[PDB]
Q: 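Dropping the structure in here first, questions after.
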Amino acid sequence: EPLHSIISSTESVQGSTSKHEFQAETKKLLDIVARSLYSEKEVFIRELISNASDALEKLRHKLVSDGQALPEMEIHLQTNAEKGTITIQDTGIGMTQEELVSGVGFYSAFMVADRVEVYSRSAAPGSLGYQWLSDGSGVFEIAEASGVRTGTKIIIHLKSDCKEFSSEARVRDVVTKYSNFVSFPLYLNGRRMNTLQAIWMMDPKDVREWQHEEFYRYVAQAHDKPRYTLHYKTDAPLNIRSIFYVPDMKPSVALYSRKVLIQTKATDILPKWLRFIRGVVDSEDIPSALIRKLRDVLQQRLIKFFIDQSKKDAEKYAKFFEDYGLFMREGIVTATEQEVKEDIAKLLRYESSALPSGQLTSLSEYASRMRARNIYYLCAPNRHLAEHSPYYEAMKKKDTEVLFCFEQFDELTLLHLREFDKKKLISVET
Ligand SMILES: COc1c(C)cnc(Cn2cnc3c(Cl)nc(N)nc32)c1C
């Protein structure tokens, strides 16, 4: 496909640049970001793009609010080999003189640059354009520039061992690494980059199956379909935009922040027993501490979800328990103190003496058909042998209901559980 160029030197400076010493706080901050902080250095590409989005949205918003039309709202990257530069321009809202004089991920630029050169023109009516110059140490210069398009153009003059970010290939890799889901069109050297839609940001109402399937296949790198889907948004405990998938196939969740990738392989935002879940979690509250915060609410709502699933459909949950009950048992055993154990145990389903043999039941359901109070269960090789066990018959005219485990790990699980809400766990062999 033919090329889309919106990057050229249309800017000039007529007068002199006013030199300006940076505030004590902000130098310290600046080469904290440039020297101390980010592990990966590539992420500057990620942060600038992030800014490039924000501005753009606030352009759209304003315009859409005022009721006036929309210009070409795009993000562009260009790499120059001989000049050793990388440039990112966005046609979003701009920057007043004030803002310039006074996004912070921006400073990550100086991780890779020996000098940074910015041109910016506010979208505000009548706004003038400006040139901003810095070498990354306490001093920057500001001129009034002309031929600055509305939006912001950032030119990075790369360091020596940082010039790898001048090759279209490398930059392409970084871009598709952290930014397949950027909301506005993104071009590298004239060529469109991303195509994927952050459907997790949408209204759960508005995403249909075909999509959820697409995304499922992307983040799970799978070819089956999600047997289960949970689109969870919340603003109360923490900021969360997430989607969770349970595969058709029998036997990881990516962590994004504002449609931007933080960690693809992020197995700390969910309990180890919920590792069979696929999908995405997006939280603004993210740079191990808070991840704990997050993960806890994630676990509780996923438990909630599967409980609701048992109710909304019994048989499909039966197959789900057959294929994924391993993780639930393991997670019950692993859980440190009781409350969590019981919570996860609300997901277990087993046969009953009363129920027709095939039919299943949670401990919860067992506790209602009860008389006010104790559990009873039994590992036996099958139903036949179980309800023919003299221990069960012993339990004929005591008019008591007993659960049937047919595998040792089931009974070991019920044993470890010790008890479940105000009733205690005991086999009919004691
Ligand atoms: C000139 O350099 C900056 C200074 C000194 C402080 N913050 C920002 C980030 N930033 C603030 N508003 C921005 C908009 Cl509208 N767009 C972009 N891409 N970055 C912005 C930039 C780029």
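Positions are given from 1 along the sequence. Whatever order the structure lists them in is the order used to number ligands and atoms, beginning at 1. Method on record in the header is X-ray crystallography, 3.1 Å.
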Q: Return the drug name for ligand 1.
A: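 That's BIIB021.
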Q: Quick one: what's BIIB021 (ligand 1) bound to in this structure? I mean the chain with the most contacts, named like UniProt names it.
A: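 The chain with most contacts is Heat shock protein 75 kDa, mitochondrial.
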Q: Taking heavy atoms under 4.0 Å, what residues and nucleotides bind BIIB021 (ligand 1)?
A: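 The heavy-atom cut-off picks out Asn51, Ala55, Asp90, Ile93, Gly94, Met95, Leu100, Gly103, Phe106, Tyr107, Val118, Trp132, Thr152.
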